[PDB]
J.: 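Structure below; questions to follow.
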There are 2 protein chains.
Amino acid sequence: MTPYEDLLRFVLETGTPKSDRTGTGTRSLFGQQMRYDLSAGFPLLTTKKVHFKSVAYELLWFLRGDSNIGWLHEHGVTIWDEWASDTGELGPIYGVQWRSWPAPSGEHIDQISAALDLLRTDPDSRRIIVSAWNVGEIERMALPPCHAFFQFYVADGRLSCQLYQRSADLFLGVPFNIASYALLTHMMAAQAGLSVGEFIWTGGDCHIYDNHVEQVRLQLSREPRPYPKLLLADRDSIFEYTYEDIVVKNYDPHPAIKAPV
Amino acid sequence: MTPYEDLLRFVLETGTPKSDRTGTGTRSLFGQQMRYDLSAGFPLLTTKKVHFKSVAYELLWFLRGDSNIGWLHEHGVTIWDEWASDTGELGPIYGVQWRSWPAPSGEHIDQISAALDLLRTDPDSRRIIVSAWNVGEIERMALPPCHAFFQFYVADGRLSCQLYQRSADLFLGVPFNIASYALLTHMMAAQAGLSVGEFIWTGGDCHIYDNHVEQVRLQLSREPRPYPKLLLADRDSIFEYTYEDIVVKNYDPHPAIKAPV
Ligand SMILES: Cc1nc(=O)c2cc(CN(C)c3ccc(C(=O)N[C@@H](CCC(=O)O)C(=O)O)s3)ccc2[nH]1
Ligand SMILES: Cc1nc(=O)c2cc(CN(C)c3ccc(C(=O)N[C@@H](CCC(=O)O)C(=O)O)s3)ccc2[nH]1
Ligand SMILES: O=c1ccn([C@H]2C[C@H](O)[C@@H](COP(=O)(O)O)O2)c(=O)[nH]1
Ligand SMILES: O=c1ccn([C@H]2C[C@H](O)[C@@H](COP(=O)(O)O)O2)c(=O)[nH]1
């Protein structure tokens with residue numbers, strides 16, 4: 001099962017050429033979908049070595065509800081550095097919205113706690129939603145959210161998660177996004193007393209940048225290997241997980257493929 | 001091409017039995033997709049008669065930005081009456097968020113105009129989004145938004161739209177939802193000087209209500225007929241469309257199937 005490589009190949013082969021905000025140029029398709037059965041393995045890609053350390057810390061960073069790169073920086077993760085101000089600020093991005101979405105009333109809404117609370121007390125709910133798409137605050141963000149909106153689902157004790165990603169840099173960002181949300185689903189499941197089901201990735205603008213074509217063709221020439229296995233130490237709260245509470249067992253990827261400068 | 005009936009059949013056959021809010025009981029799948037090529041035909045189902053008039057007035061009502069069933073009632077449409085207050089108020093639902101999302105600055109954001117603007121001046125944008133999922137105002141709503149979040153995409157002068165529908169009553173709601181978004185996509189296309197492309201329907205919790213099983217089987221037993229054609233009169237503004245402007249040519253459906261008591 002290689003949902004990601006399948007999609008990458010599909011877009012490489014049938015994507016429409018298309019200009020963009022960065023001026024780099026892309027090939028693109030709209031409304032494409034991936035499904036991983038998380039009970040079958042953790043979807044950290046094996047066709048190139050993915051820097052999980054940065055994935056994990058970025059997610060922990062989101063869960064803290066930080067808007068400033070400082071903490072990410074202290075753990076050696078520089079993926080957000082370009083976009084920060086000189087004081088480190090990114091604006092009310094992902095984590096700020098996840099943890100403290102400002103309602104007109106002056107209350108800040110912790111969507112992550114709310115979601116977990118629903119998984120525990122009313123798992124059949126069709127409203128277990130977290131949205132980072134705060135129409136009123138987009139303009140103050142350094143970048144509008146790419147992974148914008150996500151929903152949980154429970155069936156026979158198993159937790160599934162679907163993410164709507166409006167904009168999908170397939171080579172660079174997407175491998176991070178998949179691992180991030182699979183990790184999140186594990187954490188949420190652990191905290192809710194559920195086992196993991198499916199992760200469904202639904203994308204809007206799914207693109208390959210014109211300057212990643214060689215890197216992509218190389219990746220598609222590689223034979224996929226067994227997915228690794230995710231383990232988590234026990235914690236009282238999702239907000240108490242640390243990097244050290246996470247282990248990825250039997251991760252055996254093909255070599256890393258550097259992003260073009 | 002029958003994405004709706006296929007999905008309907010698929011949930012009936014392989015969906016998991018599942019309790020719900022209304023107490024009715026459902027059979028359910030998570031994360032299912034339908035695609036329609038809008039250039040091939042207007043996806044008003046033919047396997048049963050769909051009250052398009054209700055569909056069109058509802059959409060015009062959203063576009064007006066109304067929170068009160070009034071304008072709808074006056075036009076012989078009753079689908080929201082049951083959820084309204086004594087004053088006929090639904091709180092800040094679809095239309096209010098579409099036309100006037102409250103930002104923390106006090107400003108009110110007309111998402112419909114902002115999307116149209118992007119379609120006209122920056123059609124390559126990957127940020128052409130409209131969201132009804134306003135976390136801070138959900139509690140004030142009669143019902144949380146089902147069709148929650150949608151995005152536009154342009155390629156080769158062709159406009160596509162993807163809808164994220166967090167919750168979908170497959171028998172009753174979804175046939176309206178499909179028509180409604182296909183209709184809006186035509187309006188946006190005309191207003192931006194684009195032709196129509198794909199409507200992609202992405203669902204969260206997709207369910208058949210226990211009390212709809214017999215009606216579902218009837219619908220599945222019928223052979224589909226050609227889709228009708230949408231004919232939209234010229235207007236210089238999306239907000240100036242009227243019901244009279246909206247014509248459905250050659251709609252030849254099987255008989256209506258009433259929603260059981
Ligand atoms: C065009 C574009 N594509 C992106 O994926 C993107 C991602 C972020 C933040 N983010 C979500 C990122 C996820 C992965 C990144 C990247 O640098 N990947 C290297 C990792 C190098 C390292 O940290 O060891 C790699 O995977 O090759 S950056 C900000 C602007 C963007 N702009
Ligand atoms: C459990 C549930 N299922 C729904 O489909 C639903 C729909 C609305 C509002 N709305 C989005 C509706 C779309 C279609 C409707 C329905 O009654 N249709 C009948 C004809 C009624 C009419 O034409 O006025 C039909 O389709 O057979 S109602 C509010 C709460 C709900 N609650
Ligand atoms: O977590 C992320 C953050 C950014 N991007 C990519 C998608 C786009 O190529 C670009 C964002 O730019 P716009 O879509 O807003 O133009 O970065 C991702 O794929 N995942
Ligand atoms: O345009 C709409 C409005 C409502 N619903 C259905 C979905 C659910 O069955 C119900 C809403 O109930 P909850 O998902 O919030 O429990 O109404 C739709 O299918 N389409």
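So that the names make sense, note that chain A is the first sequence line, chain B the second, and so on, each numbered from 1. For the numbers below, each heavy atom of this structure counts, side chains included, while hydrogens, waters and symmetry mates do not. Per the header: X-ray crystallography, 2.3 Å. Note that ligands are numbered from 1 as they come in the structure, with each ligand's atoms numbered from 1 the same way.
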J.: What drug are we dealing with at ligand 1, do you know?
T.: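 It's recorded as raltitrexed.
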J.: Which chain is the largest contributor of contacts with raltitrexed (ligand 1) here, and what is it called in UniProt?
T.: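 Most heavy-atom pairs belong to Thymidylate synthase ThyA.
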J.: Any idea which other chains come under 4.0 Å from raltitrexed (ligand 1), counting heavy atoms?
T.: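 Heavy-atom contacts come from A.
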J.: As an exercise, identify every atom of raltitrexed (ligand 1) less than 4.0 angstrom from a heavy atom of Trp83(A).
T.: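 Listed by number with element: 29 (C), 30 (C).
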J.: Counting only heavy atoms closer than 4.0 Å, does raltitrexed (ligand 1) sit against the backbone of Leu143(A), its side chain, both, or neither?
T.: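 Only the side chain of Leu143(A) comes within reach of raltitrexed (ligand 1).
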J.: For atom 20 (C) of raltitrexed (ligand 1), what is the closest protein heavy atom, and at what distance to 0.1 Å?
T.: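 The closest heavy atom on the protein side is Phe176(A) CZ, 4.0 Å.
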J.: Give the residue, atom name and distance (to 0.1 Å) of the protein heavy atom nearest atom 11 (C) of raltitrexed (ligand 1).
T.: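 Scanning the protein heavy atoms, the shortest distance from atom 11 (C) of raltitrexed (ligand 1) goes to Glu58(A) OE2, 3.4 Å.
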J.: Of the UniProt active-site residues in chain A, which one sits nearest raltitrexed (ligand 1), and what is the shortest non-hydrogen distance (1 Å precision)?
T.: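 Rounded to 1 Å with heavy atoms, the UniProt active-site residue is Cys146(A), 6 Å.
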J.: For atom 8 (C) of raltitrexed (ligand 1), find the nearest protein heavy atom and state the residue, atom name and distance (0.1 Å precision).
T.: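 For atom 8 (C) of raltitrexed (ligand 1), the nearest protein heavy atom is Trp80(A) CH2, 3.9 Å.
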J.: Mind looking up which residues in chain A UniProt says bind dUMP, and which of those have a heavy atom under 4.0 Å from raltitrexed (ligand 1)?
T.: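 Going by heavy atoms, UniProt's dUMP binders that qualify: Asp169(A), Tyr209(A).
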J.: I need the nearest protein heavy-atom contact for atom 3 (N) of raltitrexed (ligand 1): residue, atom name and distance, please.
T.: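 So the nearest neighbour among protein heavy atoms is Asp169(A) OD2, 2.4 Å.
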J.: Among all protein heavy atoms, pick the one closest to atom 22 (C) of raltitrexed (ligand 1) and tell me residue, atom and distance.
T.: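 Protein heavy atom at minimum distance: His51(A) ND1, 3.6 Å.
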J.: Please state which protein non-hydrogen atom is closest to atom 16 (C) of raltitrexed (ligand 1) and give its distance, to 0.1 Å?
T.: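 Answer, as residue, atom name and distance: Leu172(A) CD2, 3.9 Å.
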J.: With heavy-atom distances below 4.0 Å as the criterion, list the atoms of raltitrexed (ligand 1) near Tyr209(A).
T.: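 Once the distances to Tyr209(A) are compared, the set is 1 (C).
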J.: For atom 15 (C) of raltitrexed (ligand 1), find the nearest protein heavy atom and state the residue, atom name and distance (0.1 Å precision).
T.: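 Checking every protein heavy atom, the shortest distance to atom 15 (C) of raltitrexed (ligand 1) gives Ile79(A) CG2, 3.9 Å.
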J.: Closer than 4.0 Å to some heavy atom of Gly173(A) - which atoms of raltitrexed (ligand 1) meet that?
T.: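 Listed by number with element, the hits are 5 (O).
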J.: Within raltitrexed (ligand 1), which atoms have a heavy atom of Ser54(A) less than 4.0 Å away?
T.: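 What qualifies from raltitrexed (ligand 1) is 23 (O).
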J.: Does only the side chain of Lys53(A) get under 4.0 Å from raltitrexed (ligand 1), or the backbone, or both, or neither? Count heavy atoms.
T.: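 Within the 4.0 Å criterion, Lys53(A) makes no contact with raltitrexed (ligand 1).
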J.: I need the residues around raltitrexed (ligand 1) for a figure - heavy-atom cut-off 4.0 Å, please.
T.: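 By heavy-atom distance, that gives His51(A), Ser54(A), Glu58(A), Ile79(A), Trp80(A), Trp83(A), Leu143(A), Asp169(A), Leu172(A), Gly173(A), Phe176(A), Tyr209(A).
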